[PDB]
Chemist: 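I came across a structure with AR-42 and want to understand it better.
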Amino acid sequence: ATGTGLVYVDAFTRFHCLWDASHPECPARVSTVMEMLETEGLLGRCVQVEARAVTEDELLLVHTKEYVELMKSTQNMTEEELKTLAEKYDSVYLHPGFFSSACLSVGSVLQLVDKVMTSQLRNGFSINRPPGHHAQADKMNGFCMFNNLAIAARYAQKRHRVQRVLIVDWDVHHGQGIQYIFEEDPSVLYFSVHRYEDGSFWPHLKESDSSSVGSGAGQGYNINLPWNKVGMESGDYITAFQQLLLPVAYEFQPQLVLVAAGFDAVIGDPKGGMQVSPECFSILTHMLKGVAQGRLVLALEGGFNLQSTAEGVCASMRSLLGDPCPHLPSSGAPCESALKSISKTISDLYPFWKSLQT
Ligand SMILES: CC(C)[C@H](C(=O)Nc1ccc(C(=O)NO)cc1)c1ccccc1
Ligand SMILES: [K+]
Ligand SMILES: [K+]
Ligand SMILES: [Zn+2]
């Protein structure tokens, strides 16, 4: 009942980019994570949880029938057909095994949701690829086919009858797919901190700015924290969690926390441009264990430096397992640019959250 679940299957390595041997979204991402968890002795301290394939009905909580059908058909396509389809999307490749792996990727999160919601485990982490947070109702995007966490959130609500789910997205990119899916939904609060640079950084969306707060019944339930300078450090992230995310999370009172656990903000990532120490993720994970009775499930999103991502996963896992948090060399003092972004997000969200008022 107190344990930490871990899901990993070899199927997560069984797809890769057929037309770019240097593609950064590659099978080594997950095998290096598993190898470091093993050598650090963390893997043996976790409860191994089996994966499962998502069902059509589960996919349809988020995705359209037509899109599911098209994705299913990719398993029978030629390489030329896969490339022609992949090129209709932004930042996507395809592979004959992609669909099968994507179904296990979603299902791995659902397995952990089952165990955590029924108190069989305290928390858990799926070491999954493909990632999910960019995937949309009817299209692939950003190396994602299905939106793992969006499905998991609606599954927790439908199956386990959870009323409120908090999704925390600390990947360096905006999870616009999650934002879109829950745009009008007050039962799922989406928080994303991401590099933005006034739209210069991918995916270059105006909707990634803090003015996008959700709409209709969902007004106030979408919170974007855009960084407009590179080089953010641990103290910038800790400060954002302390000033903005935690006060709102406690007011929202979620019954489950899902984390889009990308590690492309870690020092050394080839694209993220940030300078967050892997150890920072021990602290960020610890800061999220205080809501939802500690019912916390992390799922791997991005992170392209094999060592940096593995270290970030290990740091998060140490906190899931209850190990005392490391001391951070860096002082938790944020930079001026981070404070500017945090204050602006608070300004945009204050009408909706009593915890964000004076
Ligand atoms: C051209 C560049 C802007 C583009 C890109 O970087 N996309 C991108 C999308 C999602 C993630 C992610 O999942 N991060 O966690 C990471 C990167 C790209 C496209 C094709 C091959 C390489 C790179
Ligand atoms: K993010
Ligand atoms: K929402
Ligand atoms: Zn990313």
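Chain A is numbered as in the PDB entry; shown residues: 60-417, in order. According to its header, the structure was obtained by X-ray crystallography, 1.4 Å. When a ligand or atom number is given, it counts from 1 through the structure's own listing order.
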Chemist: Map AR-42 onto the structure by ligand number or chain letter.
Modeler: ligand 1
Chemist: Name, as the PDB entry does, the macromolecule that AR-42 contacts most in this entry.
Modeler: Histone deacetylase 6
Chemist: Show the other ligands and ions less than 4.0 Å away from AR-42.
Modeler: ligand 4 (zinc ion)
Chemist: Please identify which atoms of AR-42 are closer than 4.0 Å to at least one heavy atom of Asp323.
Modeler: 14 (N), 15 (O)
Chemist: Would you verify that at least one protein heavy atom lies under 4.0 Å from atom 23 (C) of AR-42, or report that none does?
Modeler: yes
Chemist: Does the protein put any heavy atom within less than 4.0 Å of atom 1 (C) of AR-42?
Modeler: no
Chemist: Considering the heavy atoms of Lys330, write down every atom of AR-42 situated less than 4.0 Å from one of them.
Modeler: 6 (O), 23 (C)
Chemist: For AR-42, is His192 a contact, meaning one of its heavy atoms is under 4.0 Å away?
Modeler: no
Chemist: Quick one: does AR-42 sit under 4.0 Å from the side chain of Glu84, the backbone, both or neither, non-hydrogen atoms only?
Modeler: neither
Chemist: Does an N or O anywhere in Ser150 fall below 3.5 Å from an N or O of AR-42?
Modeler: yes
Chemist: What atoms of AR-42 come within less than 4.0 Å of a heavy atom belonging to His193?
Modeler: 10 (C)
Chemist: Strictly under 4.0 Å, does any heavy atom of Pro262 approach an atom of AR-42?
Modeler: no
Chemist: Closer than 4.0 angstrom: is that true for some heavy atom of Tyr152 and an atom of AR-42?
Modeler: no
Chemist: If you count the atoms of AR-42 from 1 in the order shown, which ones are under 4.0 Å from a heavy atom of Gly361?
Modeler: 14 (N), 15 (O)
Chemist: What does the PDB entry report as the organism for chain A?
Modeler: Danio rerio
Chemist: Considering only the protein, which heavy-atom contact is closest to atom 13 (O) of AR-42, and what is its distance?
Modeler: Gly201 O, 3.8 Å
Chemist: Which nucleotides or residues of neighbouring chains are within 4.0 Å of AR-42 (non-hydrogen atoms)?
Modeler: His82, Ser150, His193, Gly201, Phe202, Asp230, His232, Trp261, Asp323, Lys330, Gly361, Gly362, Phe363
